[PDB]
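Imipenem (open form) bound to Beta-lactamase OXA-23.
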Amino acid sequence: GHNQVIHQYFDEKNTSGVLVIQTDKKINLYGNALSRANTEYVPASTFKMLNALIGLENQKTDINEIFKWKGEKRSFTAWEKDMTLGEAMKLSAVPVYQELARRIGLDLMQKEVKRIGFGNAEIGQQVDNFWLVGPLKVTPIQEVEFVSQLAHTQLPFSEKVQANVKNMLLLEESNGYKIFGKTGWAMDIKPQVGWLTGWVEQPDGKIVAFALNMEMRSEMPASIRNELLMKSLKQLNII
Ligand SMILES: *C(=O)[C@H]([C@@H](C)O)[C@H]1CC(SCCNC=N)=C(C(=O)O)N1
């Protein structure tokens, strides 16, 4: 419940960021840089959540389709394989979502993103990269509401599409608890911005949504977004 101690894990991991908690439309802030919570950032791979929903709902793909790897080299060897939407989500495989995005196309993408009102709701002109280098931007409080709605099936999509994307996002399962969430890491902008947006599904059915945002640098291990989040949810006794 403090708020000062959570400042000190942020203090020591020599980062700058904010953890936004939403418990039934009540927003709390934690970190060492609470001002981040209202500044716009590129969403990075957290936009895969809304990309999937738009693609599924408009029947540009489905949860069974297998995306074929056509042999070109990709940033990670784990990405060099055939995979579904959901497997691409768990690995944040940009090429699959770029292909998806190109099927949706610019008009449909822009119309949906502003109908959802996602962040600043601007995708510019290149349909396959606006979530990594602009011009699409989003504050971390806006991300905790988005994933909050998704968790309660309240987004302006059908419920079956939402439920489909939610099963793509299961991260841990321990003690009757479930953690869902999506990581992001914009490595190609300065300063780098890391994301971990999701929700906790407590055994009694309660839902607490979070959006960890932090400045990033090339040397940190990717698990730093998980470490900081997990021990903050334990400190706040959400888990
Ligand atoms: C999403 O935010 C980025 C995007 C900018 O490429 C990618 C890069 C990193 S690391 C890839 C993890 N691979 C696999 N098993 C992530 C991320 O997972 O946070 N997403």
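Throughout, residue positions are numbered sequentially from 1 according to the sequence presented. Order of listing sets the numbers, starting from 1, for every ligand and every atom in it.
The set of residues with a heavy atom less than 4.0 Å from imipenem (open form, ligand 1) is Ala44, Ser45, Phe76, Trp79, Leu91, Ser92, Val94, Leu132, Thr183, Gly184, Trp185, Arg225. When only interatomic distances are considered, the shortest N/O to N/O separation between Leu91 and imipenem (open form, ligand 1) falls below 3.5 Å. In this PDB entry, a covalent bond connects imipenem (open form, ligand 1) with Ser45 OG.
Looking at imipenem (open form, ligand 1), you'll find an N or O of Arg225 within less than 3.5 Å of one of its N or O atoms. Imipenem (open form, ligand 1) has no nitrogen or oxygen under 3.5 angstrom from a nitrogen or oxygen of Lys48. Considering both main-chain and side-chain atoms, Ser45 comes within under 3.5 Å of imipenem (open form, ligand 1) through a nitrogen or oxygen pair.
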